[PDB]
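Sequential numbering from 1 along the given sequence is applied to the chain's residues. All ligand and atom numbering here is 1-based and tracks the order in the structure. What you see below is based on every heavy atom in this structure, not just the backbone, and it leaves out hydrogens, waters and symmetry mates.
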Amino acid sequence: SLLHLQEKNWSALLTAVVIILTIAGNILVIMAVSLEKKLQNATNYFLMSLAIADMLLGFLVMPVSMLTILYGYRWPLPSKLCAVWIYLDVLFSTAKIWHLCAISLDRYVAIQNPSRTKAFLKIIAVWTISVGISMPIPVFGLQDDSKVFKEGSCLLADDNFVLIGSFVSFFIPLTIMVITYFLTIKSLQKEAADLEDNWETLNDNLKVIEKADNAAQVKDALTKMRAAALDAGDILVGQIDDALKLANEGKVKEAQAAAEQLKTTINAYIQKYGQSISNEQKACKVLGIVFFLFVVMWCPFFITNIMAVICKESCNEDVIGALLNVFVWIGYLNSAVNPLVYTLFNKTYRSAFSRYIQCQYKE
Ligand SMILES: CC(C)CCC[C@@H](C)[C@H]1CC[C@H]2[C@@H]3CC=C4C[C@@H](O)CC[C@]4(C)[C@H]3CC[C@]12C
Ligand SMILES: CCCCCCCC/C=C\CCCCCCCC(=O)OC[C@H](O)CO
Ligand SMILES: CN(C)CCc1c[nH]c2cccc(O)c12
Ligand SMILES: [Mg+2]
């Protein structure tokens, strides 16, 4: 006679904290994006879908996790719900990883570029891929309980599902997330670097023009400025082309005062396009924490679920089984942390959460 409610209640209280931090956290992220105009951007659109994935984890997967801790890991529900529960748990965690891959990729491509719908295609695509990858679990598990039960404990026993699922559903977008992140940071380092190349060579020619005697030195300098005006792309190129014909007739003192009028347009277009990459670099790092903390907090669960399969004979399967029941809750907590990052590291989400708690919904 199994399925017995126990005194495993030290652990079972802590689990209710992680459930309510997940559900309320991620509801605020869904509420913020829907109601805040400042958040209506593609990355924020993914970060909602992630928070929907986290909330569905909190409503459906995480309570049943807690339920089995209350029954000493003997599965207390109907046996055909085990594979269902294993499916949603892997669904949501596969939808989170392929999202983080989709953000890191999309932005790199956006950093090599000059819609709600273009964003909402891409989310559905990732969910479609995630549902498709996670599909063997019910298809084969509901047919054979050997894959989803180990001694009345509902867990994914199938060692091939655990291996090939780990390297298809996880390592293929982890690789692509860390590469597209690293190049995105190298893209935005080069572009800050090119901007101060073109700060110094416009500032260099404004020294050259206001020293010049002849139409030669003004013309060469202005020609070089227009070259390194084209190197930053509109607004100011025609204004140099204004002042380029003044040098060409020989109207020198007249062209030198025109170039002083270019000087306000420059410092306008520099500090505005240089607060631009200052911002993307801030955000790319906040995504990088969301990325990093996903990986780190699941890493203990993820290595140990593979040592369960590598050292099947060599290692104590009781303590391995004993560790995973901890190491899954470290990765579950991750569902609560995405919203705290956005509180700490974005003013926009923070002011939004701040109003929603005071029940005040007009921006
Ligand atoms: C397996 C079952 C329980 C899945 C349930 C999915 C639920 C939680 C999903 C599916 C469709 C989703 C909605 C689809 C689109 C939008 C519009 C968007 O601007 C705000 C979120 C909102 C309103 C979503 C809220 C969450 C939602 C209702
Ligand atoms: C944006 C969110 C998208 C979310 C997408 C979710 C997709 C769920 C579909 C597949 C599960 C297939 C399961 C098939 C039904 C099994 C039911 C079952 O086994 O029932 C047991 C019974 O209750 C014992 O008594
Ligand atoms: C993310 N997913 C692969 C977790 C599977 C799981 C749910 N509940 C468990 C209990 C014990 C050992 C497990 O692998 C599990
Ligand atoms: Mg210089």
Enquirer: Can you remind me what the drug at ligand 3 is called?
Expert: psilocin
Enquirer: Supply the name from UniProt of whichever chain has more contacts with psilocin (ligand 3) than any other.
Expert: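 Per UniProt, the chief partner is 5-hydroxytryptamine receptor 2A.
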Enquirer: Which residues and nucleotides contact psilocin (ligand 3) at a heavy-atom distance below 4.0 Å?
Expert: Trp85, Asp89, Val90, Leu155, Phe301, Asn305, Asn325
Enquirer: Taking a heavy-atom cut-off of 4.0 Å, which of the residues UniProt lists as serotonin-binding in chain A lie that close to psilocin (ligand 3)?
Expert: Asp89, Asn305
Enquirer: Can you pull up the source organism of chain A from the entry for me?
Expert: Homo sapiens
Enquirer: Number the UniProt transmembrane segments of chain A from the N terminus and list those with a heavy atom under 4.0 Å from psilocin (ligand 3).
Expert: 3, 6, 7
